[PDB]
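The following structure holds 10-1074.
Chain identifiers are assigned alphabetically (A, B, ...) following the order of the sequence lines, protein sequences preceding nucleic acid strands; residue numbering begins at 1 within each chain. The deposited model was determined using electron microscopy, 4.2 Å. Contacts here are counted within a displayed part of the entry, not across the full deposit.
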Amino acid sequence: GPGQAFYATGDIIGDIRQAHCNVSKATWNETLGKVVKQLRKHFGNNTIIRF
Amino acid sequence: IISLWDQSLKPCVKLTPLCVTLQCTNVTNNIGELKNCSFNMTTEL
Amino acid sequence: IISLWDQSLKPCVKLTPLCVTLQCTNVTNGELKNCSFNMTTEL
Amino acid sequence: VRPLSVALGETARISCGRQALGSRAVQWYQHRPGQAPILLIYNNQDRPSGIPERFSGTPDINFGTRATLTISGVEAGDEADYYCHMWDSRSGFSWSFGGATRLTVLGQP
Amino acid sequence: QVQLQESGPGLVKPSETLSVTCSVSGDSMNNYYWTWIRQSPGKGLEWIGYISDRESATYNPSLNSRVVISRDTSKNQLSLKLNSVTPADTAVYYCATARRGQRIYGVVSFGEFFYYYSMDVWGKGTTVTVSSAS
Ligand SMILES: *[C@@H]1O[C@H](CO)[C@@H](O[C@@H]2O[C@H](CO)[C@@H](O[C@@H]3O[C@H](CO)[C@@H](O)[C@H](O[C@H]4O[C@H](CO)[C@@H](O)[C@H](O)[C@@H]4O)[C@@H]3O)[C@H](O)[C@H]2NC(C)=O)[C@H](O)[C@H]1NC(C)=O
Ligand SMILES: *[C@@H]1O[C@H](CO)[C@@H](O[C@@H]2O[C@H](CO)[C@@H](O)[C@H](O)[C@H]2NC(C)=O)[C@H](O)[C@H]1NC(C)=O
Ligand SMILES: *[C@@H]1O[C@H](CO)[C@@H](O[C@@H]2O[C@H](CO)[C@@H](O)[C@H](O)[C@H]2NC(C)=O)[C@H](O)[C@H]1NC(C)=O
Ligand SMILES: *[C@@H]1O[C@H](CO)[C@@H](O[C@@H]2O[C@H](CO)[C@@H](O)[C@H](O)[C@H]2NC(C)=O)[C@H](O)[C@H]1NC(C)=O
Ligand SMILES: *[C@@H]1O[C@H](CO)[C@@H](O[C@@H]2O[C@H](CO)[C@@H](O)[C@H](O)[C@H]2NC(C)=O)[C@H](O)[C@H]1NC(C)=O
Ligand SMILES: *[C@@H]1O[C@H](CO)[C@@H](O)[C@H](O)[C@H]1NC(C)=O
Ligand SMILES: *[C@@H]1O[C@H](CO)[C@@H](O)[C@H](O)[C@H]1NC(C)=O
Ligand SMILES: *[C@@H]1O[C@H](CO)[C@@H](O)[C@H](O)[C@H]1NC(C)=O
């Protein structure tokens, strides 16, 4: 409109892909081990915990 | 944070003319998440 | 002065409908153009 | 069809028609008139064995340059058909082989 | 020497079935994949489609799938049948291999890739005429 403009999305240059998050499996496993350890300490001493 | 976000959003462009019948198709030629939408919009005049 | 000009310009009339195709011809005689255009009335 | 006239020697550049809409994987063929054709450059850089070094591929930088075939020192054996069979991702399956272009070398003793 | 012998009737009338074979020798038939490729005088190379190990003949949308392709392992030949021969079928019919090439532009987990078909060895082809002449 007059004095009005909206920024639309242009053609996606290159192959049509998708956003993706990469988490190091080793780091995530070790941190999950640390959290599950404290969770087991918080909830009893050692209990079955499923993330 | 709510007040700051609302204040930083007040002066920017309002998009009330975007409500329109979107004649929209796909972008993936072969085997959504990317919709090529053609629609009408009021120009400057 | 900038802020004063802004704050006093706010309450007066916005002219967003004036943007229209002005079918304008030369005034009877440049520096003056007689333009006939369209406007939205009260209804 | 695109008749190209190239002087003997030096270098020649063969670019094809279809635009590289998205990342491309081009295939170039040599259809000699009358006899069976062969392939020259595939995967935009990989040239199969039994092909002279006079034909160099076009590496992809994900944009910019198109599917170009390079002729380095044309000879009497290159009078044939050049086929640009490009597998651009945006166009999906490259079922079609595209059109045909002919090079007709001039200045040939 | 994988020599792709092809033999056809050579004479055909409109609106009937054409039969050209593709004899394979010198190399096995289960190692790789083979397809069919043609070419019309005045036109560029045209492709009948491709047949792979699973035998699900992927046919040509540009030829209306009015063609019948198959293969036989006993006689070791690739089979191409052209039922309802169109008067435009005056063309040479080669025979081609099919390399199941892999072209990945993203991750394999999300199906962010596609297969490109590479062809290495081709035949010699035979030309047929479709008219009242015989
Ligand atoms: C996070 O996600 C995964 C985690 O494992 C992984 O994804 C990788 O993403 C990149 C792209 O960012 C992929 O890259 C392609 O890999 C193929 C492999 O054959 C290449 O051929 C591709 O080449 C490009 O460039 C060529 C020359 O211009 C083009 O012709 C071609 O089309 C391509 O554009 C490209 O490099 C990669 O395969 C995946 N997967 C792996 C295992 O790397 C990666 O860790 C992260 N991705 C990110 C950060 O984008
Ligand atoms: C979405 O659709 C538009 C309209 O078809 C595409 O843009 C046009 O593309 C054609 C070629 O196909 C050009 O001739 C036009 O100039 C383009 N613009 C206009 C104003 O029509 C656009 O590329 C499509 N986007 C995607 C990613 O598919
Ligand atoms: C944008 O405005 C044009 C104005 O003409 C619309 O065009 C008409 O669209 C109808 C279908 O909705 C057709 O039957 C007419 O023939 C079209 N007229 C002309 C002259 O093209 C168009 O549909 C509008 N687009 C949207 C998204 O609403
Ligand atoms: C600008 O144009 C308008 C419209 O033609 C002029 O006003 C009209 O003038 C005629 C006589 O020429 C009168 O009969 C009308 O009643 C007037 N008004 C309307 C509503 O049409 C106006 O005078 C022109 N201005 C100049 C200075 O040229
Ligand atoms: C105001 O709107 C009217 C809507 O009809 C416009 O009228 C048309 O104007 C064109 C020339 O631009 C004429 O060919 C038509 O015959 C007119 N239609 C009618 C029903 O009168 C008018 O032009 C607009 N105002 C201006 C000055 O452009
Ligand atoms: C994130 O990117 C940096 C480089 O910018 C790299 O060193 C690091 O290993 C990446 N992390 C993961 C989990 O891929
Ligand atoms: C395309 O549009 C249709 C609706 O017209 C929708 O159902 C479909 O999911 C879209 N995308 C694809 C990949 O077909
Ligand atoms: C009419 O209007 C135009 C507007 O640009 C002006 O240049 C011109 O001098 C005017 N008069 C005549 C006689 O054209």
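Counting all copies, 10-1074 can be found at chains D and E. Per the PDB entry, the macromolecule in most contact with 10-1074 (chains D and E) is HIV-1 BG505 SOSIP gp120,Envelope glycoprotein gp120. Counting only non-hydrogen atoms, chains lying under 4.5 Å from 10-1074 (chains D and E): A, B.
Looking at the PDB entry, one finds chain D under the name 10-1074 Fab Light Chain.
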